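Structure follows of progesterone associated with Ancestral androgen receptor.
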Amino acid sequence: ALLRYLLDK
Amino acid sequence: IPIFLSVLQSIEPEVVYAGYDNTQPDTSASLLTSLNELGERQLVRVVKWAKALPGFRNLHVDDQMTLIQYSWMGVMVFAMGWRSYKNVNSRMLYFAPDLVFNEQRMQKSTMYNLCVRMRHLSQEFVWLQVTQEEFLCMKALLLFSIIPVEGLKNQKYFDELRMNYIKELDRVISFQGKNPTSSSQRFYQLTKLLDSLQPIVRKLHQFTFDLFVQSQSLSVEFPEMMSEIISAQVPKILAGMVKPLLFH
Ligand SMILES: CC(=O)[C@H]1CC[C@H]2[C@@H]3CCC4=CC(=O)CC[C@]4(C)[C@H]3CC[C@]12C
């Protein structure tokens, strides 16, 4: 979810 | 004729510090923990870099995640080798300005043989006299060096984007080289150097898994995002569910 969060920024 | 050189020069991330206390006596746990911390913050910058690499954000978001999960280790080892080259002429491993591994630290780290292999890799930069432009092109290419054995969501597009960045590496060489024959040989050498990363990164993934499993007995903390990436895809890598994409 953290990687997905950084990608969606 | 090279169309990405100035983009890659402008999106290159700044250098990350470890924050290691270089007055404490070195232990296995302190060194590997510090490396994990540095790894976390480098991974944040690698994600911002990958997002800025032309075409990357056009892959399906699930493919972007797959690619970063698979190639962060390769990208970071390659960048670290370059730093070791530019700063200590590949005599020591320059993880961060405040975490340089000399021989002693390589021993205390518990991963001595892997450190030696990675220092040999940096020596390849010394022998080839890799330029900054070649370095940037090859590092961009490392985000296209591993895929699931069953492929990505949009394979077709990944293939074309990868071919585009391979072509860019060639364009950079021929923009800088002397003859068509010399530039062909240079392309051959540098794609072989890229290919040689794969066995190293495999061994590093094995070690990473060994440490992750033993993190409680060894007192080696993994930060959050590293933990999620490792436990997400390192077992699949070790189980043979991925396929290296060779350049040569
Ligand atoms: C398992 C472990 O603690 C070690 C084994 C290999 C190590 C990595 C080796 C490559 C490396 C280079 C860097 O410059 C950032 C930290 C990283 C990414 C290291 C983080 C910690 C690792 C993952």
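Within every chain, numbering begins at 1; the chains are lettered A, B, ... in the order of the sequence lines, protein sequences first and strands thereafter. Each ligand, and each atom within it, is numbered from 1 in the order the structure gives. Reckoned from all heavy atoms, side chains included, excluding hydrogens, waters and symmetry mates.
The structure holds progesterone at ligand 1. By chain letter, those with a heavy atom nearer than 4.0 Å to progesterone (ligand 1) are B.
Neighbouring residues of progesterone (ligand 1) under 4.0 Å (non-hydrogen atoms) are B/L35, B/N36, B/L38, B/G39, B/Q42, B/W72, B/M73, B/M76, B/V77, B/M80, B/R83, B/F95, B/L204, B/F207, B/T208, B/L211. In this structure, atom 7 (C) of progesterone (ligand 1) has its sub-4.0 angstrom surroundings free of protein heavy atoms. Taking every non-hydrogen atom of B/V77 and a distance limit under 4.0 Å, the qualifying atoms of progesterone (ligand 1) come out as 10 (C). Every atom of progesterone (ligand 1) with a heavy atom of B/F207 under 4.0 Å away is listed here by number and element: 1 (C), 5 (C). Of all protein heavy atoms, the one closest to atom 9 (C) of progesterone (ligand 1) is B/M73 SD, 4.1 Å. Per the entry, the organism of origin for chain B is Escherichia coli. Applying the 4.0 Å criterion to heavy atoms of B/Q42 picks out, from progesterone (ligand 1), the atoms 13 (C), 14 (O), 15 (C).
Per-atom contact check: atom 21 (C) of progesterone (ligand 1) touches the protein, criterion being a heavy-atom distance below 4.0 Å.
Where the criterion is an N or O separation shorter than 3.5 Å, residue side chain and backbone included, B/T208 fails it with respect to progesterone (ligand 1). Regarding atom 16 (C) of progesterone (ligand 1), its nearest protein heavy-atom neighbour is B/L35 O, 3.7 Å. With ligand atoms numbered from 1 in the order given, progesterone (ligand 1) contributes 1 (C), 2 (C), 3 (O) to contacts under 4.0 Å with heavy atoms of B/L211. Close approach to B/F95 involves these atoms of progesterone (ligand 1), each under 4.0 Å from a residue heavy atom: 12 (C), 13 (C), 14 (O).
The contact set between progesterone (ligand 1) and B/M76, taken as ligand atoms under 4.0 Å from a residue heavy atom, comprises 18 (C). Within the listing of progesterone (ligand 1), atoms 14 (O) sit less than 4.0 angstrom from a heavy atom of B/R83.
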Check: every progesterone (ligand 1) N/O to protein N/O pair under 3.5 Å:
{"from": "progesterone (ligand 1)", "atom 1": "3 (O)", "to": "B/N36", "atom 2": "OD1", "distance (Å)": "3.2"}
{"from": "progesterone (ligand 1)", "atom 1": "14 (O)", "to": "B/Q42", "atom 2": "NE2", "distance (Å)": "3.0"}
{"from": "progesterone (ligand 1)", "atom 1": "14 (O)", "to": "B/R83", "atom 2": "NH2", "distance (Å)": "3.0"}

